[PDB]
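Section: structure with elexacaftor.
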Amino acid sequence: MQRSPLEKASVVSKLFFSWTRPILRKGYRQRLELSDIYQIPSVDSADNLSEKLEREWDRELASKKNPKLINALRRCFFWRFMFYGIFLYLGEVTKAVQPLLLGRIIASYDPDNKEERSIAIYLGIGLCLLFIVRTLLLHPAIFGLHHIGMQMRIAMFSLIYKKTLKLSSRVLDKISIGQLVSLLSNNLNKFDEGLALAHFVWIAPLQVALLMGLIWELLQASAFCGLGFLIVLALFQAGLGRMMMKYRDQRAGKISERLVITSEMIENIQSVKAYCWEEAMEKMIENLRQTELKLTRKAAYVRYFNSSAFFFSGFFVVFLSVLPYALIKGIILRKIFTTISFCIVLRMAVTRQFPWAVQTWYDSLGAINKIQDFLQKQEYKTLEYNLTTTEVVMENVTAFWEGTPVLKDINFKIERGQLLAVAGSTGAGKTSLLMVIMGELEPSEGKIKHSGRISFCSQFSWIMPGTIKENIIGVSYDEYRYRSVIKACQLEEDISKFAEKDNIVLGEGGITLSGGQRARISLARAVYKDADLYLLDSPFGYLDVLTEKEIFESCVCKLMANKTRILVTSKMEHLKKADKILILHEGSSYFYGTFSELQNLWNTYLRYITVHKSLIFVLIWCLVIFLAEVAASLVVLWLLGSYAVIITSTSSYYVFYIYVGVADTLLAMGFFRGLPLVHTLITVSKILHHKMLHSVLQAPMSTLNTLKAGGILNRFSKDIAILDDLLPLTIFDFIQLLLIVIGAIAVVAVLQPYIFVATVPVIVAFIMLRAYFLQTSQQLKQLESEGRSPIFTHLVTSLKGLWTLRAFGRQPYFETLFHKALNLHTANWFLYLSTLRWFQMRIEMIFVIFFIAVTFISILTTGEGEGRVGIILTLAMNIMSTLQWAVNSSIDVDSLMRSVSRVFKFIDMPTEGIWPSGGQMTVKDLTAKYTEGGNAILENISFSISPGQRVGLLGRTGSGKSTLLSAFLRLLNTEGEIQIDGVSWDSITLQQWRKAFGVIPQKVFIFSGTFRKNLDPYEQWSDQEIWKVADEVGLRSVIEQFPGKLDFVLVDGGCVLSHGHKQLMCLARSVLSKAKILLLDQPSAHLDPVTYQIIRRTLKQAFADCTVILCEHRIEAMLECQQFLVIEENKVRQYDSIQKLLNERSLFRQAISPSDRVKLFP
Ligand SMILES: Cc1nn(C)cc1S(=O)(=O)NC(=O)c1ccc(-n2ccc(OCC(C)(C)C(F)(F)F)n2)nc1N1C[C@@H](C)CC1(C)C
Ligand SMILES: CC(C)(CO)c1cc2cc(NC(=O)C3(c4ccc5c(c4)OC(F)(F)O5)CC3)c(F)cc2n1C[C@@H](O)CO
Ligand SMILES: Nc1ncnc2c1ncn2[C@@H]1O[C@H](COP(=O)(O)OP(=O)(O)OP(=O)(O)O)[C@@H](O)[C@H]1O
Ligand SMILES: Nc1ncnc2c1ncn2[C@@H]1O[C@H](COP(=O)(O)OP(=O)(O)OP(=O)(O)O)[C@@H](O)[C@H]1O
Ligand SMILES: CC(C)(C)c1cc(C(C)(C)C)c(NC(=O)c2c[nH]c3ccccc3c2=O)cc1O
Ligand SMILES: CC(C)CCC[C@@H](C)[C@H]1CC[C@H]2[C@@H]3CC=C4C[C@@H](O)CC[C@]4(C)[C@H]3CC[C@]12C
Ligand SMILES: CCCCCCCCCCCC
Ligand SMILES: [Mg+2]
Ligand SMILES: [Mg+2]
């Protein structure tokens, strides 16, 4: 990693941006290697910028009664902002006085203008120095303003993230992931470049005042007829600005709603494929896209009229200011041309630079105001204590999640070292009681007293990205303690089977790990941490009886025999070792005491154009009208080769100069060509998104596991927004400029076939430099686009584990990890702007040297009369002033076309592509593996199932019970044959095979939507049928407690529901879509014994005969099975009776609960 070459560059080197030479010469030959990227300058590191802004923002909250974020920003950047403003202003004044020097030089070709001929050589020298000063004064000032805008964005992004970790739990309900992503993505590039346009709010009015005086000198009182037209045009554009912003505000809410739904369905794409819900998911996104595209089109029509206003004023402001003057007294051709030159600069300031500057202030101040509101939300109240009486106590505590209280009159007292066991039915408030103790649920009544040290283990196991060892140890590594908790948590057997022991890298969310393996990593993390109080929220959910027995008798009873701890349990064996017993029932304390007293009872462009058939026809239509206007202009112009206009023989060359000055209005695209072009370019974006979303759902699971959450969110938010807003109008601007250059050249090249010869050397010089620069610019843009992903990936994972983050105190670690993501994007983005500034500065210096040669050639060639060389050469250089604008606009088109190629890569991803009368199956030599180069988890598996019977799957956690179920649906690489009632595996299409199954996934899927929409996304059942099923699974009381019965919206993945309520929701789905063969993957994970009767009755009534393959861990669930399959060391054994199964195993028979042993062994 080399140091930045900017920090030791000489004064002249910084001026010409010469320090970018090493990378431009290397990127032209080879691909940019990882060592070519330089380190960022020390001034713009995220650590130093965040501290500077934080110091000023805290001064506002204490000094001023009315804090404003814009005052803190003003106190850090105002003087540098104004320093570059004055140099930018002097570069624009130089542009307005150019016609004073160039206008008199053009007059020296006329032999009548004897006064201009005597001093022509001095005007040429001054003109050359004027060009050089303007070049050296604009570009360094524009780069400095880009630098300031980058620093402001980095400082403010870090403040948002630091505030996020401190948000209260009540205000988290009102904030989704889609709001934060839209807040950051919209400003990721627009904010930096906005500061270069901000100064024209006061530069444009000063340019108008200067230019109006010079035009007054020529046309005494007729000049104001041109000002009255431009004032009316300025009011018109101001009105279109407010009309466009109204449509943009109505569109923001729908984009955030689409982003959250898109993120949810891709995170659990395996559950979507098992249910065969791809078509239903596409329909929901299609309806959201359609509503927001109508607002996008309406904003596009308004923005077209705002953009073409420049081209449609070039003739009507010149004509209106000259016509009253010519009618009273004849005007010569010399004055007509000079007025045209001054009006070009005037139209640019009024119709282009000023409305763009006003719009930037609306966007910038709007975002800073939006950020300030977020920075003032309610914060989490960390009620830490340094010390206590070493005992925990609650007194008459009542809490509300908002007409029923969650808890009421809950009181206990646990001394140091005692064990408290919390028990109760589903939804009784066991998890809420632990939230109250930690302080994430503030009680309305009562009080809490205990020490500030605490450790937590939730039902939902959160796995941070990184190594397994890094998950457990935290910050401080201890060799002795680490090896003890691993052995006590029974993780040694699983770790030894991994490719590289405990050094394997876990993805975000821990997808590659088993259901029960994640629970042990979460538990090992809690016991490794030293604390005074330990909270365990049902950690024995996805564990078999043998592993559960070993952990309970060696981890929580041996290692922590002297530490007070609270555990949630439903087993009656865990209640005997507890000193205190607490029973909960619907928020009220059912019992409190002890157990003893209880026992008393390029190809990219071509593909983009041809994706929509209607885009070709509009482009041909624009070409035919263009040829008709050029032909019309040629006939008129050829016809011209006291009066209102005075023209002489030696002054007739002004006709061509006037034509070139008004060609931008004769060739302007009217609304018959502008609106269809803009309308059709948005339909292309609609088609591309439909394909992109479609190909992601059909991709094979092996491909989808490589992608990251931030990688998908980068393409669906930033790349789609580019194709909707920026590209349609950038293309229109580029096409408009290209037509003007061709039309002006073609007309004058046939009437004077020497302008074309003299304009060749300038054209090829621009094209050769463009090809050289695009070799390296395209690679830096690609690296910058992919550098946004780590920013989005870290933002997603920090919200999913916010509660665990604050409990373990790892906030500083996550802030430092966020700054590395900011610095990685800064390196690529800063290097991209530097080379872009080099190109635009060289494209202007190349224009200058040619003009310097032309000016001196014309003056020396002009002899005693006329002088034709100068007339031709100076005309050609006037055309190249517009070609310079067209070349720079082509770079913007190419930069935005990088998003089109990134979308095309997601589209080209490979695809994975009464029969069951009885439902009997046959498996022959099935071999299953996740990666083709990985180990075979199962191998040579073979068994048969008779129709109507139930099969029980058994085995230790991590043995491969879920792998066998995934192999039936072909969710991984398989090498065998499965036969269902006669048909063959291979012959069937992959879509009819999956429809024969009913599935209950181990990980439940609830998306943001209505209760009825979650139970039935295809809308194929009436509400009478839905309620009938809802009674059989006991969900009626759950739905009625909400304001909308079957209408309530389940936001944030159904966070309103408890853990046991989600299991019943998945059982309802399987009953509704009644199929023959069922694959139930542990449907009673955390259900208490009383609630399990609901699963038991459903299994015998709803699934009358069927072919049920259970995958349960509880012994009670195996009394309803006729056949058994045991998975051990990658092999499947088969048994006919449960009593035979336990006879062979000696250790597993002892772990059986005595309550279950009597019925298992009568
Ligand atoms: C080497 C090198 N390679 N790369 C990638 C960067 C570098 S460089 O930064 O060292 N220099 C150059 O980049 C460089 C510097 C100046 C110029 N100039 C062109 C006209 C001109 O007159 C200046 C003028 C008299 C108008 C005045 F002074 F008045 F303005 N100067 N051209 C330069 N280029 C080198 C080639 C890459 C292509 C080319 C010809 C455009
Ligand atoms: C002196 C006085 C006339 C009033 O005492 C004044 C100065 C001033 C400066 C800024 N902003 C800036 O100096 C910066 C800036 C921020 C945001 C940007 C950006 C530049 O340019 C953008 F448009 F891109 O957005 C560099 C930080 C402002 F906002 C309002 C200001 N006012 C009016 C006053 O009422 C403000 O309280
Ligand atoms: N964020 C929330 N907003 C509103 N109600 C909630 C919220 N979280 C939980 N509830 C409700 O509070 C009650 C108790 O919550 P819950 O976590 O606490 O039960 P539990 O004892 O953990 O049961 P389980 O065995 O399913 O884990 C339920 O009726 C549940 O729907
Ligand atoms: N996507 C994956 N890629 C690679 N290995 C995986 C993947 N998913 C699981 N494994 C590994 O395969 C083995 C078996 O996985 P697992 O689902 O299949 O078993 P299980 O019997 O369902 O466990 P549990 O009772 O915890 O649910 C484990 O070692 C696990 O880490
Ligand atoms: C009738 C005919 C010849 C097809 C026609 C008509 C117009 C109107 C009537 C809208 C002026 C226009 N005008 C336009 O397209 C205009 C486009 N952009 C503008 C921007 C600012 C101010 C005016 C216009 C404008 O008139 C063009 C035409 O070709
Ligand atoms: C940037 C701004 C403040 C610069 C100064 C703006 C004003 C004061 C300048 C700009 C152009 C100037 C005019 C240019 C030409 C003439 C013609 C001359 O026969 C009388 C003075 C007169 C009419 C000038 C008056 C002052 C003037 C209107
Ligand atoms: C350099 C430009 C400073 C003034 C720009 C506008 C100031 C913000 C006004 C806020 C609303 C009254
Ligand atoms: Mg719970
Ligand atoms: Mg499993």
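By convention here, the first residue in the shown sequence is residue 1. Just so you know, these numbers use all the heavy atoms, side chains as well, and skip hydrogens, waters and symmetry mates. One-based numbering, in listed order, for ligands and for the atoms of each.
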So, about elexacaftor - where is that in the structure, copies and all?
ligand 1
Under the nomenclature of the PDB entry, which macromolecule has the greatest contact count with elexacaftor (ligand 1)? Cystic fibrosis transmembrane conductance regulator
Original post:
Counting UniProt's transmembrane segments of chain A from the N terminus, which ones have a heavy atom closer than 4.0 Å to elexacaftor (ligand 1)?
Top reply: 2, 10, 11
ask   = Which residues would you count as binding elexacaftor (ligand 1), with heavy atoms within 4.0 Å?
value = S18, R21, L24, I132, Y772, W838, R842, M845, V848
